[PDB]
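In this structure, fusidic acid is found bound to Chloramphenicol acetyltransferase.
Chain letters run alphabetically, one per sequence line, in listed order. Using the PDB entry numbers, chain A covers 5-218, in order. Residue numbering for chain B follows the PDB entry; the residues present correspond to positions 6-218, in that order. To match the PDB entry, the residue numbers of chain C are left as they are there, and the shown ones run 2-218. We count ligands from 1, going down the list as the structure has it; atoms in each ligand are counted the same way.
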Amino acid sequence: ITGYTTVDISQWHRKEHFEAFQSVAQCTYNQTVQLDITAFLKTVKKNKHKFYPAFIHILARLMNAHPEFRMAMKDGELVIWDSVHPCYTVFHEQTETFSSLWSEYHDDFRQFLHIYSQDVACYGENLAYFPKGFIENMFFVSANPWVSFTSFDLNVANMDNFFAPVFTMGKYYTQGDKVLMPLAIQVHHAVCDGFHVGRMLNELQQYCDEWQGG
Amino acid sequence: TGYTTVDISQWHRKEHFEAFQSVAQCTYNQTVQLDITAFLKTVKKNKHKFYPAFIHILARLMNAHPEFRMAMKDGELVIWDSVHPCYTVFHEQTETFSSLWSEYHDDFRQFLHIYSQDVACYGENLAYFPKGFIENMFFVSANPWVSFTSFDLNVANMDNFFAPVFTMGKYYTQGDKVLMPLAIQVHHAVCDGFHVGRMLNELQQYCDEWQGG
Amino acid sequence: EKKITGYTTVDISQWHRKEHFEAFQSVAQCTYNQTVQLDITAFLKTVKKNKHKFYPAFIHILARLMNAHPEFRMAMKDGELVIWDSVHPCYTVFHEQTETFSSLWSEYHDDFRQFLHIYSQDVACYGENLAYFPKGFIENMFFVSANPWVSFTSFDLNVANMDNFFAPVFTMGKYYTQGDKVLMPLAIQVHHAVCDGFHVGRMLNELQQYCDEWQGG
Ligand SMILES: CC(=O)O[C@H]1C[C@@]2(C)[C@H](C[C@@H](O)[C@H]3[C@@]4(C)CC[C@@H](O)[C@@H](C)[C@@H]4CC[C@@]32C)/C1=C(\CCC=C(C)C)C(=O)O
Ligand SMILES: CC(=O)O[C@H]1C[C@@]2(C)[C@H](C[C@@H](O)[C@H]3[C@@]4(C)CC[C@@H](O)[C@@H](C)[C@@H]4CC[C@@]32C)/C1=C(\CCC=C(C)C)C(=O)O
Ligand SMILES: CC(=O)O[C@H]1C[C@@]2(C)[C@H](C[C@@H](O)[C@H]3[C@@]4(C)CC[C@@H](O)[C@H](C)[C@@H]4CC[C@@]32C)/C1=C(\CCC=C(C)C)C(=O)O
Ligand SMILES: [Ca+2]
């Protein structure tokens, strides 16, 4: 069982937008940014952290900081999960296939890293699409280490109620003194407008710059 | 709204249109890093607002080429005599937005005045569409939080969705230039690489050449 | 003469991707685009010295990669998943005077010369034909379109009907100078049922290699 609360649509300043983005104007949208990871990378090295759980956790912290990232339709109602957990890809080198695992979120990165590294240790070699099953309150992260993309765009055949956010990380590279990571984010318009993604991406850049590991 | 109904039998894109309305139907999104170096310097030196200045160049381009003005009206494909920019207004206090259209005019200064009136009169109204929506719009959306390398719109139902959608990003310095992320979504039935590329080459031009009159 | 190409039926029961393929043909069905600024510095120099047209030459490189890896060569044929023996580039041709376009396929060969002579005939015989598909369409093609107007940082295709749409789509943009490099926008759309991030990335890393290592021969 998982906690949620209910959006009151008749009182919401997005009532009209939600109603249209749920019917005649339904749409999802993707955007890519070359994210500045110079500081964050130095940090992850300084502390001997694995890049990937560290990045997944800053995203998870953001999904867990604004309610527009945690929306679902539940038995006909718009709801906001009290938390969301990251569901991230793991690559199997031998079969050339992937799985998605999810790890329980906590604010303290240290506590999350321990749960993550444990999840990878027990389920990493399990070749199921979803070794742990899937839960209803997650968001997606995938690592695409081969390609320093300028664009990454998802075209999901059925977007009905697909409100979980989907992030895709690209291969970081050098650009003068910086390390730039390509970062794409797909969201559904019924639950995020440009303002939500934009504030999130700004706070993500900032957090990457100011977090001090641990 | 006046229009011209297309003579399909004589149209060189007859088979295209027909494939792009059924079996091959599709939409496509493109982003470019527009160079607004000269455009911005023009805007500041003449104390214009950037957004209506840009909307107006978008809006001249859509009104110079018919592929941007097509629509399906009562089972017939039609070209509008003109199309009117439908642009976003952000409400900082509720963190929501509205989509407002302003009557296009050729002269910039006529346009800026209808735009200023529109935004003064309806800019606090929180309706999704404060003026409702008319048949002949194209869409312009502003995104100044993000200097994106890609913006991509995936509409669930693209049937007869012929109205172009531009999405503007956060401009930035690079070397000595000012670049601005600019994306365009079109439907394949009414525009091909060429029509979108010609358009974008013209945009770049009209920006480097605009005089502020 | 016609070439009817051979194929192999996929035993889905021995395929490591079976669970995925079945999710991505139903509840998770999706497609995805990605764009790269391809580094074409060595390739363009090679092309200029040996006086080739750029397009047929790039198309041939793409063709070689689609024909090096079976995930690019899948199709549903009479209700069954199959790998084509090989696939042929179906590429665009721009008609200046009507401002229209066609899609033309040319039969693939391993050897550039063989291939450049096929492409040149096709382009001379059909280059002016205003038909959407001057040569019709055959069952085992991949797509390439040239988009020489625009140096995009993104291009992506949103197909309304993706069922069984397994043929890769490539889009090339207008090349440009970045310091000493010559870069070219290159985008690829694939269907997730037959390609994962790994397939597509391996391919794009190989495409770069091949572009830098090509000898005009
Ligand atoms: C086919 C389709 O779904 O297009 C939808 C999608 C639409 C192009 C459009 C109206 C407008 O807000 C749009 C904005 C620019 C508004 C602000 C930015 O967020 C966008 C990134 C955004 C994308 C698409 C969009 C959402 C649509 C309309 C027109 C409006 C009509 C009604 C009844 C609400 C539509 O139904 O046609
Ligand atoms: C509506 C839709 O198609 O979303 C689908 C699509 C889905 C978002 C998703 C689960 C997950 O792998 C996804 C990944 C991130 C996984 C890794 C990267 O490759 C991506 C490029 C990728 C894109 C979409 C995707 C494939 C879906 C789910 C969640 C549960 C998965 C299953 C099989 C039930 C879903 O159907 O809800
Ligand atoms: C699944 C789908 O909608 O793919 C459609 C979409 C299609 C891939 C394709 C044939 C071809 O021109 C295409 C081009 C490359 C041609 C030139 C470029 O403009 C585009 C960047 C472009 C995008 C998609 C596209 C339009 C399709 C076909 C091919 C079969 C033949 C006909 C007559 C429709 C199709 O339906 O199979
Ligand atoms: Ca919180």
Worksheet item: Which instances in the model belong to fusidic acid?
Response: ligands 1, 2 and 3
Worksheet item: Which other chains get a heavy atom nearer than 4.0 Å to fusidic acid (ligand 3)?
Response: B, C
Fill in: Element-labelled atoms of fusidic acid (ligand 3) that are located less than 4.0 Å from some non-hydrogen atom of C:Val160
1 (C), 2 (C), 3 (O), 4 (O)
Worksheet item: Which is it for B:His193 and fusidic acid (ligand 3) at heavy atoms under 4.0 Å: side chain, backbone, both or neither?
Response: side chain
Worksheet item: Which residue holds the protein heavy atom closest to atom 11 (C) of fusidic acid (ligand 3), what is that atom called, and what is the gap in Å?
Response: C:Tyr133 OH, 3.3 Å
Worksheet item: Heavy atoms only: which of C:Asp164, C:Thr32, C:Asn162 is nearest to atom 1 (C) of fusidic acid (ligand 3)?
Response: C:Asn162
Discussion item. For fusidic acid (ligand 3) and C:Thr172, I'd like to know whether there is a polar contact (N/O to N/O, distance under 3.5 Å).
Written reply: no
Fill in: Proximity winner for atom 32 (C) of fusidic acid (ligand 3), if only heavy atoms of C:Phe166, C:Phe143, B:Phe25, C:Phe134 are counted
C:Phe134
Worksheet item: Which UniProt active-site residue in chain C ranks closest to fusidic acid (ligand 3) by heavy-atom distance, and what is that distance to the nearest 1 Å?
Response: C:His193, 12 Å
Worksheet item: Does even one non-hydrogen atom of B:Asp197 get within less than 4.0 Å of fusidic acid (ligand 3)?
Response: no
Worksheet entry | fusidic acid (ligand 3) contact on B:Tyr33 by region, counting heavy-atom pairs under 4.0 Å | neither
Worksheet item: Under 4.0 Å from fusidic acid (ligand 3), counting heavy atoms only, is it the side chain of B:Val28, its backbone, both or neither?
Response: both
Worksheet entry | Side chain, backbone, both or neither: the part of C:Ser146 lying under 4.0 Å from fusidic acid (ligand 3) by heavy atom | side chain
Item to complete: For fusidic acid (ligand 3), find out whether one of its N or O atoms is nearer than 3.5 Å to an N or O atom of C:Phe144.
Response: no
Worksheet item: What organism is annotated as the source of chain C in the entry?
Response: Escherichia coli
Fill in: Interfacing atoms of fusidic acid (ligand 3) (cut-off 4.0 Å, heavy-atom, C:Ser104)
12 (O), 16 (C)
Item to complete: Return yes or no for this condition: an N or O of C:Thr93 is under 3.5 Å from an N or O of fusidic acid (ligand 3).
Response: no
Practice prompt. Define the binding site of fusidic acid (ligand 3) with a non-hydrogen cut-off of 4.0 Å.
Written response: B:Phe25, B:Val28, B:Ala29, B:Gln30, B:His193, C:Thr93, C:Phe102, C:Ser104, C:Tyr133, C:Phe134, C:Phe144, C:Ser146, C:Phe156, C:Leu158, C:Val160, C:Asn162, C:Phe166, C:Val170, C:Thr172
